[PDB]
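Bound state: Steroid 17-alpha-hydroxylase/17,20 lyase + (R)-orteronel.
For the single chain, residues carry numbers from 1 onward in sequence order. We count ligands from 1, going down the list as the structure has it; atoms in each ligand are counted the same way. How was it done? The header gives X-ray crystallography, 2.2 Å. Scope of the values below: all heavy atoms of this structure, side chains included, with no hydrogens, waters or symmetry mates.
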Amino acid sequence: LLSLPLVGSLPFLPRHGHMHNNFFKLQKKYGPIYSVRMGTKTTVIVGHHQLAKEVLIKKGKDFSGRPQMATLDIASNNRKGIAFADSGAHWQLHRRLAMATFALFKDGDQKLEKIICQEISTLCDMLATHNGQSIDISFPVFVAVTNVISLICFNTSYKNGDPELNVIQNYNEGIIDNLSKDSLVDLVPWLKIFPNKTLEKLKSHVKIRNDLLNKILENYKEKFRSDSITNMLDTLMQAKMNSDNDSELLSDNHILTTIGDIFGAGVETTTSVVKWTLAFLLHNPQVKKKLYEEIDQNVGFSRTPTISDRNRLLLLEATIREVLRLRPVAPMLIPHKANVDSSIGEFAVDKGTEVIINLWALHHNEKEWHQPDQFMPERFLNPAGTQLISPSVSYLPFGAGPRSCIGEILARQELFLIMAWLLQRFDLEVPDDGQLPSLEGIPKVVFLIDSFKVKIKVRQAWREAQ
Ligand code: HEM
Ligand SMILES: CNC(=O)c1ccc2cc([C@]3(O)CCn4cncc43)ccc2c1
């Protein structure tokens, strides 16, 4: 009695559990590196920090490519921009100009700290009007970080009530929802097997965004001046101007898509982490209580928190590190691709192979972390609690190497200042219905959290002062 002819085999059920965890569970059986074949395409999944650092750092240039996806093609206007552009001249030029722009907010009066605090001050006055009510703080935080990035990109911002903010929120939501069903990593190409309108829907959302950025870029052409380089669009037009004396790599479509990536990444990524951090503080009142004490003893109510306070609010800094470990923004980074024949752990990897770094596995490795599934900001502090520490080398929240995060300085300062200002001024508690946020998460292009509500109250201590 023979065995059945076998035309296909997958190690776990598709659409059953979170992809990054399914891969991690497989390492028990198959090791920290294995492959899956899907037609002509082979994908390698790497789940150990030493192999990850080889792909990202040591052989970074070998695996600095991106795989081309029909979905990502539409969002990136055919692989323009930064995040979804393949390695090469385009990507390297626009990545440098983006990083170069964040230099113009180092110091001065538009010091990045000052643009951020300006928008947090509006956020906090906004939220204070909801004293005693339970609310979803998604949109208020979205507005604040949208204005930070609009100032970095255009030196402009939106006033309260501007309907355009809602238009952006709408198509941000629609693109993320249709960009991928779950993670960017899909084992089966359902998009090409059964009839569906995913690409149609994604196209219409991308049309609205492209139309909106065009209007901004068009009306700004007449305001641009060579001697005034104060934001990202200036940096890009200066390069286009000093090029027509590589100008094909600076067409209007190239400038638009790159600013779209910064606009998108700068908003959806920071809003999500704030929401996650809040959710964890609701499940961990003990940690929340010690944070209030920490900020009352090191900043008080004489002033508002500053970036310099990052040397004094250590537990707050440790909390942000722990959220970025436990619920990484990108559990599997963005997929990589081998530009040439190379190797990982001395295993052959052919050119064109898609390579995926399971950051979730790195952050939950039980040999590298103590009780990895527990929210313990303590793990990033010495036993005394007097200085931050790096307990593990298997920790890469922002990736590393050629394709690493370029908005890391912005994210860290936004996250620290938002939480510092909120904790100084507000009690943040379970809403009166008693529901706690679900910490399971929703894997999309970003690791999102289910929407939830918080009862916001102006702290008595903050009130008694002033
Ligand atoms: C908590 C916040 C953030 C985290 C944890 C984070 C993390 C990451 C990770 C893991 C990657 C992929 C690394 C790889 O593919 O190897 C990435 C890429 C990227 N991030 Fe973020 N990021 C954050 C915030 C931001 C912000 C605020 C911006 C922009 C304003 C930004 C812009 C980008 C871009 C453009 C890329 C693509 C880089 C490239 O492909 O060359 N990120 N980030
Ligand atoms: C209407 N357009 C959008 O909503 C939009 C566009 C591009 C995005 C890119 C990113 C990244 O670059 C890709 C993942 N990730 C982690 N950190 C930075 C990034 C994240 C969200 C985006 C949203």
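Taking every instance into account, the structure holds (R)-orteronel at ligand 2. Near (R)-orteronel, within 4.0 Å on a heavy-atom basis, the structure shows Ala83, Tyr171, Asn172, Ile175, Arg209, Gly264, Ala265, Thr269, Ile334.
Of all substrate-binding residues UniProt records in chain A, the ones placing a non-hydrogen atom under 4.0 Å from (R)-orteronel are as follows: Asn172.
Nearest to atom 10 (C) of (R)-orteronel among the protein's heavy atoms is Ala265 CB, 3.9 Å. Atoms of (R)-orteronel lying under 4.0 Å from at least one heavy atom of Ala83, given by number and element, are 12 (O). Given atom 3 (C) of (R)-orteronel, the protein heavy atom at minimum distance is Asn172 OD1, 3.8 Å. Taking atom 13 (C) of (R)-orteronel as the reference point, the nearest protein heavy-atom neighbour is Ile334 CD1, 3.7 Å.
Within 4.0 Å of (R)-orteronel, counting heavy atoms, one finds no UniProt heme-binding residue of chain A. Nearest protein heavy-atom neighbour of atom 17 (N) of (R)-orteronel: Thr269 OG1, 3.8 Å.
For atom 6 (C) of (R)-orteronel, the closest heavy atom belonging to the protein is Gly264 CA, 4.0 Å. Shown in contact with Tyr171 at under 4.0 Å from a heavy atom are these atoms of (R)-orteronel, numbered in order with element: 1 (C).
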